[PDB]
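So, a structure with furosemide in it.
Quick note on labels: first sequence line is chain A, next is B, and so on, each numbered from 1. Atoms within each ligand, like the ligands themselves, are counted from 1 in listed order. Just so it is clear, the values below take in all heavy atoms, side chains as well, and ignore hydrogens, waters and symmetry mates. Method on record in the header is electron microscopy, 3.3 Å.
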Amino acid sequence: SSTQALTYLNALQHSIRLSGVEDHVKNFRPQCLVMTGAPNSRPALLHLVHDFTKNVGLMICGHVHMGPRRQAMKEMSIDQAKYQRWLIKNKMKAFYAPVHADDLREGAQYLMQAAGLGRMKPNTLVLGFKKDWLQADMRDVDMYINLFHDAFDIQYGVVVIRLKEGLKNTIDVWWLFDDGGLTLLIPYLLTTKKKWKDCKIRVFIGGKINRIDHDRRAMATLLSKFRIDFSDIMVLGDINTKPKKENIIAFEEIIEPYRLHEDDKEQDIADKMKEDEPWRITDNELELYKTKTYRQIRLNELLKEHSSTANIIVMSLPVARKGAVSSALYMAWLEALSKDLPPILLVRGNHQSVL
Amino acid sequence: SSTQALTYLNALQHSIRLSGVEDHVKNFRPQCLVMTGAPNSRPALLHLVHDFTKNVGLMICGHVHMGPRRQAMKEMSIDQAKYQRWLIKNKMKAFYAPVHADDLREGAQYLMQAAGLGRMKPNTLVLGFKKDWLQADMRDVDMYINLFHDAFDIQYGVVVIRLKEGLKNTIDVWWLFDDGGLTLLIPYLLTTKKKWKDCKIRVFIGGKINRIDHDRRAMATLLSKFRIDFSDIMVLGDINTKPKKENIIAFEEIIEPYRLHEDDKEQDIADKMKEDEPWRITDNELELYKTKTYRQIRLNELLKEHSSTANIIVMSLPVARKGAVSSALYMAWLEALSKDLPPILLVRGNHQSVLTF
Ligand SMILES: NS(=O)(=O)c1cc(C(=O)O)c(NCc2ccco2)cc1Cl
Ligand SMILES: NS(=O)(=O)c1cc(C(=O)O)c(NCc2ccco2)cc1Cl
């Protein structure tokens with residue numbers, strides 16, 4: 001009170017010192033940019049992202065305020081004061097970062113390219129899964145997926161937390177493809193927080209039916225390199241199998257409102273809808289990506305079968321080339337992958353290795 | 001040591017400590033981002049902006065990088081490492097913050113909107129004068145003035161400085177407009193440094209013929225509030241008078257290439273070329289703003305005669321409504337106000353630094 005200048009000067013001096021360093025490859029140091037609507041909303045997501053980003057990296061709770069430009073400054077100021085007070089009340093090492101933008105994409109770009117000083121710049125983007133995508137306008141879903149792809153453009157690592165907001169054995173990990181160390185680094189950082197200390201990492205991977213021993217040995221060596229006391233590596237070959245009849249029926253029902261039946265409908269009408277409504281899922285997309293959808297459905301049913309009784313499932317996030325797949329189908333894949341499981345955490349880190 | 005995590009986490013906890021303090025509104029401090037593309041170019045500008053930001057605020061030497069997205073990140077990181085090494089080589093406490101944008105205005109918007117974290121966020125926009133704007137495409141000058149107007153829109157202070165790139169004692173302060181005190185805060189911070197100890201702040205005012213004592217005591221008490229310790233407080237009544245004809249014709253010659261003499265030329269051609277080049281200066285603009293231009297020229301004359309020798313000249317910055325003046329006319333005003341002087345530092349601030357430092 002009246003002598004905060006000392007704190008400010010100390011912070012500035014330490015930040016300059018930190019910027020003094022020159023080597024970044026050695027330490028990945030996960031810095032998270034959490035894109036939640038407001039810190040008060042989605043408290044569970046905030047706690048879970050804070051768990052693995054606390055004393056091991058900062059977290060910037062971003063907020064893209066959008067509205068009339070005239071009174072934007074006063075609204076943003078009152079919001080910053082209120083949300084910072086709330087966010088310190090529920091002790092969190094998180095910085096509230098509000099910006100003004102005409103839409104979520106622009107504000108996300110502001111936060112993703114400008115937030116932070118020197119070395120304290122976010123390098124992963126954390127999004128809560130858009131649970132209301134079915135009832136939401138599909139333009140906003142397109143914007144959500146385009147935000148994923150913008151993150152992948154700036155060499156960010158995308159984390160998607162799907163968590164049941166209506167609210168002690170193991171922490172399953174479903175490492176499938178390389179990414180980096182991030183997918184395996186999130187469980188390591190989770191385990192050392194004294195809240196998940198009594199939780200045991202039960203890694204999973206896919207492999208050939210004639211190579212369980214060799215794959216297990218190699219993955220155990222990698223885990224020892226990551227030194228996360230892996231309990232066991234349940235190498236599976238069940239991937240790439242027709243899931244079931246009921247599961248495929250459920251997925252078809254999910255995507256039915258957005259499917260485009262070009263063959264059933266007249267070609268001119270199909271083109272008209274595509275031009276005036278480009279997020280419609282064409283049948284060509286389904287035919288091309290039928291194996292990928294089978295992979296998603298099979299992975300979901302495997303998660304239910306093996307990892308039902310797990311606290312935090314960590315899985316690798318499916319991705320597709322920008323524009324190669326309709327946004328509606330992409331969110332359908334994300335819905336199917338994480339359907340009725342415990343708090344699940346889809347991760348795709350950047351190519352550069354964490355350590 | 002070869003480890004940095006100790007510094008990183010300590011800096012974190014300090015930043016969280018800072019953000020936790022309920023500073024209310026009584027924590028104004030000059031936090032400026034120096035929008036200059038190449039920190040190697042214009043070292044004098046960085047040194048000057050560093051003099052009054054050494055230990056009272058941060059300096060985010062922003063930089064917008066233009067090019068293809070593919071290899072944008074690689075060269076951006078290369079430049080970041082290079083320029084941070086350069087800044088550390090010199091004794092500058094500046095964070096080199098680069099962003100990628102299609103145009104300078106968009107990257108500047110990124111920086112001004114989202115740069116910084118917590119309460120160590122930028123507060124003013126230091127802008128090196130766009131010297132050689134005569135030879136530069138006028139789209140560039142349009143963006144340059146739009147930067148001023150964006151900064152004013154987002155409640156930022158704007159300071160533009162016209163250092164000579166080639167690089168008794170007194171610091172002149174022309175407190176002409178009440179902008180919240182930043183014009184007076186910059187000189188105070190300058191003086192309280194090893195270089196400007198022999199400061200001798202000399203303060204000038206603009207007032208009509210009246211009792212000099214009134215304004216004299218007014219600025220005496222104002223500077224006592226600001227702890228300026230003036231060497232002299234002067235009031236000038238020559239402002240807002242017709243300047244010499246030579247300067248007027250010189251100014252008219254400066255804007256001659258960009259002027260739209262629509263009254264002299266045929267109306268259809270004038271309208272067509274106005275539509276082709278919306279930055280052209282119409283004659284109606286000059287007629288409306290003849291008094292403003294005369295003030296801008298008389299002020300340059302006045303500070304040339306009164307303040308020919310002075311290490312720093314800190315003046316209130318001219319402002320115009322968004323779009324009322326063509327960018328060429330605004331830039332011509334700024335160029336005529338600081339035509340041939342020592343380091344001149346035109347300042348304007350959001351009306352919030354009310355004895356708050
Ligand atoms: N998780 S989400 O896609 O549904 C989401 C949702 C929101 C959201 O709109 O709450 C958001 N912030 C934008 C905003 C505008 C006004 C207040 O916050 C960000 C995200 Cl990622
Ligand atoms: N001080 S300035 O207006 O002349 C200026 C100057 C520059 C600059 O060009 O150095 C700049 N950014 C870098 C850049 C890249 C391409 C065009 O500009 C930004 C600004 Cl504000």
Which chain makes more heavy-atom contacts with furosemide (ligand 1) than any other chain, name per the PDB entry? Solute carrier family 12 member 2
I'd love to know which other chains sit under 4.0 Å from furosemide (ligand 1), counting non-hydrogen atoms. A
Residues lining furosemide (ligand 1), heavy atoms within 4.0 Å: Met35(A), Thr36(A), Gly37(A), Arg42(A), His63(A), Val64(A), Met66(A), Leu104(A), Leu127(A), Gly128(A), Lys130(A), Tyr144(A)
Write down the species the deposit gives for chain A. Homo sapiens
